[PDB]
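In what follows, chains carry the letters A, B, and so on, assigned in the order in which the sequence lines appear, proteins first and then strands, with residues in each chain numbered from 1. Method on record in the header is X-ray crystallography, 1.8 Å. Order of listing sets the numbers, starting from 1, for every ligand and every atom in it.
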Number of protein chains: 4
Amino acid sequence: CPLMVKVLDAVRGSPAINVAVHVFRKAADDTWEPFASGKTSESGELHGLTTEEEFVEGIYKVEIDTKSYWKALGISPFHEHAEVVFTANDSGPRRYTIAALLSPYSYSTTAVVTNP
Amino acid sequence: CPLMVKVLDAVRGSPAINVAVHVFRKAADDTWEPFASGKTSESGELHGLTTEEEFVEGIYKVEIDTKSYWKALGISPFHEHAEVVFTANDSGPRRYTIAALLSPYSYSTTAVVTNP
Amino acid sequence: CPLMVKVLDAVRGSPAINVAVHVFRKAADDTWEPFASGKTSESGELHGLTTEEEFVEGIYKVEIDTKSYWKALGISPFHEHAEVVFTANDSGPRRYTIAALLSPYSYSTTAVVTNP
Amino acid sequence: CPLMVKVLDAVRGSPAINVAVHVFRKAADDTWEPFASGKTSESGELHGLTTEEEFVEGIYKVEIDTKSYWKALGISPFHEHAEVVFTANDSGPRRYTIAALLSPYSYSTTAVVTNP
Ligand SMILES: Cc1ccc(C)c(OCCCC(C)(C)C(=O)O)c1
Ligand SMILES: Cc1ccc(C)c(OCCCC(C)(C)C(=O)O)c1
Ligand code: NA
Ligand code: NA
């Protein structure tokens with residue numbers, strides 16, 4: 001699994017379950033092309049977005065749909081979503097974990113990048 | 001001031017100085033139109049972005065050019081830039097402070113929304 | 001002002017108002033001795049804690065009574081309190097800002113250390 | 001595993017490896033008694049601190065030795081350590097994950113609490 005996303009909830013002290021995630025890759029014409037999407041499991045984790053073959057060099061945007069997550073829980077949050085934009089695989093294939101920690105008026109993100 | 005941006009550096013323990021910040025407003029056709037921009041001051045702050053009359057309800061995106069910031073300090077960064085995407089809502093308090101805390105592989109953002 | 005504390009609320013998107021803050025200095029016998037304390041203002045800030053003459057090099061601990069803060073808002077919190085433990089060093093810049101961002105199961109803190 | 005600790009590094013985009021962790025439990029006399037300690041693995045994780053039997057009701061302090069971690073990498077950090085202080089197992093046994101994200105002048109912590 002070359003790209004994985006994990007999301008925690010800072011209000012409940014739990015995984016953030018059923019969070020929609022959309023990944024885009026910047027195209028030659030500088031627009032964002034849809035690349036992969038899915039939703040986090042009971043453990044807050046989203047596996048299986050892509051494959052080593054398809055996950056080529058590029059600029060990627062991981063959009064985490066925080067608003068829909070909070071509204072589904074009955075909360076009115078500040079942000080529309082949380083974005084993480086980065087160049088990937090520029091020095092050969094790596095494995096990326098994108099982690100986010102959510103609050104209604106705040107979020108944090110970090111990346112773990114490892115070499116297989 | 002209806003909209004203020006403040007950026008801090010978690011590696012140096014300082015304001016993030018001379019960081020470029022672009023604000024966009026979402027247009028009816030869902031494209032992002034330029035709205036305001038500037039560079040953070042010696043205190044990491046960017047004031048004067050807009051006025052009450054110009055800052056109407058809507059979806060806004062604040063793009064912080066973190067990559068240039070780190071490169072100017074000789075640090076290899078992960079992100080292309082940081083985004084903060086939010087709805088401005090007249091019901092709520094009048095003044096928005098968007099704060100961001102920068103690290104090379106991570107970032108945190110929060111909103112401080114208050115009445116004078 | 002050589003030492004300032006600022007506290008924000010990630011659930012409400014506001015300053016954290018009326019939060020008790022205790023500062024301790026580490027004594028030669030490794031116990032923590034009271035040094036200064038106060039309550040955050042309506043802007044989430046606590047000024048006037050100490051003076052240049054009193055704030056000598058050493059190890060300090062800033063305790064923020066997060067549990068009382070959340071309970072006063074009717075929110076069930078995880079932590080007993082938040083701590084920030086650091087060395088004051090005269091080599092470095094003169095002014096220390098300790099900032100904390102509070103959620104019920106999480107918190108973030110950073111230091112902004114600058115010269116006037 | 002009723003108590004686990006995970007630590008990431010925001011500068012390197014990696015697990016924080018070989019981080020010393022000390023856990024204390026508040027005693028009847030209000031002093032902090034040593035409870036368990038260990039260090040994070042190659043994956044940034046610390047398992048095996050305690051057992052369901054020994055991990056009784058109490059106020060616990062998880063001290064993460066961030067200074068020793070950064071100094072071992074040649075960096076002079078701001079904080080002495082990162083503390084997480086909380087009441088545990090007050091409503092029966094739970095499983096706690098304590099996560100931290102480290103930068104030289106900043107850290108973040110969150111907790112995941114689950115019911116077995
Ligand atoms: C303290 C903090 C700040 C910011 C973020 C994004 C955090 O993310 C959760 C990391 C979870 C992890 C370690 C990847 C895991 O579950 O194995 C944590
Ligand atoms: C601990 C932490 C984590 C993440 C962020 C974004 C933080 O914001 C900095 C707040 C600075 C403030 C209060 C807006 C000011 O200087 O006026 C703080
Ligand atoms: Na290349
Ligand atoms: Na009980």
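The drug at ligand 1, chosen from gemfibrozil, probenecid, lidocaine, oxitriptan, aciclovir, is gemfibrozil.
In this entry, more contacts with gemfibrozil (ligand 1) come from one chain than from any other, and UniProt calls that chain Transthyretin.
Other chains, heavy atom under 4.0 Å from gemfibrozil (ligand 1): A, D. Atom 11 (C) of gemfibrozil (ligand 1) has A/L8 CD1, 4.3 Å as its closest protein atom, hydrogens excluded (heavy atom only). Residue A/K6 has at least one nitrogen or oxygen atom sitting less than 3.5 Å from a nitrogen or oxygen atom of gemfibrozil (ligand 1), judged on distance alone. In this structure, A/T97 falls outside the shell of residues with a heavy atom less than 4.0 angstrom from gemfibrozil (ligand 1). Of the heavy atoms in B/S108, none comes closer than 4.0 Å to gemfibrozil (ligand 1).
The closest protein non-hydrogen atom to atom 5 (C) of gemfibrozil (ligand 1) is A/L101 CB, 4.1 Å. Source organism of chain D in the entry: Homo sapiens.
In summary, the atoms of gemfibrozil (ligand 1) found under 4.0 Å from a heavy atom of A/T110, numbered by their order in the structure, are 6 (C). For chain D, a heavy atom less than 4.0 Å from gemfibrozil (ligand 1) occurs in the following UniProt L-thyroxine-binding residues: D/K6, D/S108.
Distance screen at 4.0 Å: atom 13 (C) of gemfibrozil (ligand 1) has a protein heavy-atom neighbour inside the cut-off.
No part of A/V112 comes within 4.0 Å of gemfibrozil (ligand 1), judged by heavy-atom distances.
The protein heavy-atom contact nearest to atom 8 (O) of gemfibrozil (ligand 1) is A/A99 CB, 3.6 Å. With non-hydrogen distances under 4.0 Å, the site around gemfibrozil (ligand 1) consists of A/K6, A/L8, A/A99, A/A100, A/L101, A/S108, A/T109, A/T110, D/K6, D/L8, D/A99, D/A100, D/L101, D/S108, D/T109, D/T110.
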Check gemfibrozil (ligand 1) for close polar pairs with the protein: N or O on both sides, less than 3.5 Å.
from, atom 1, to, atom 2, distance (Å)
gemfibrozil (ligand 1), 16 (O), A/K6, NZ, 2.9
gemfibrozil (ligand 1), 17 (O), D/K6, NZ, 2.5

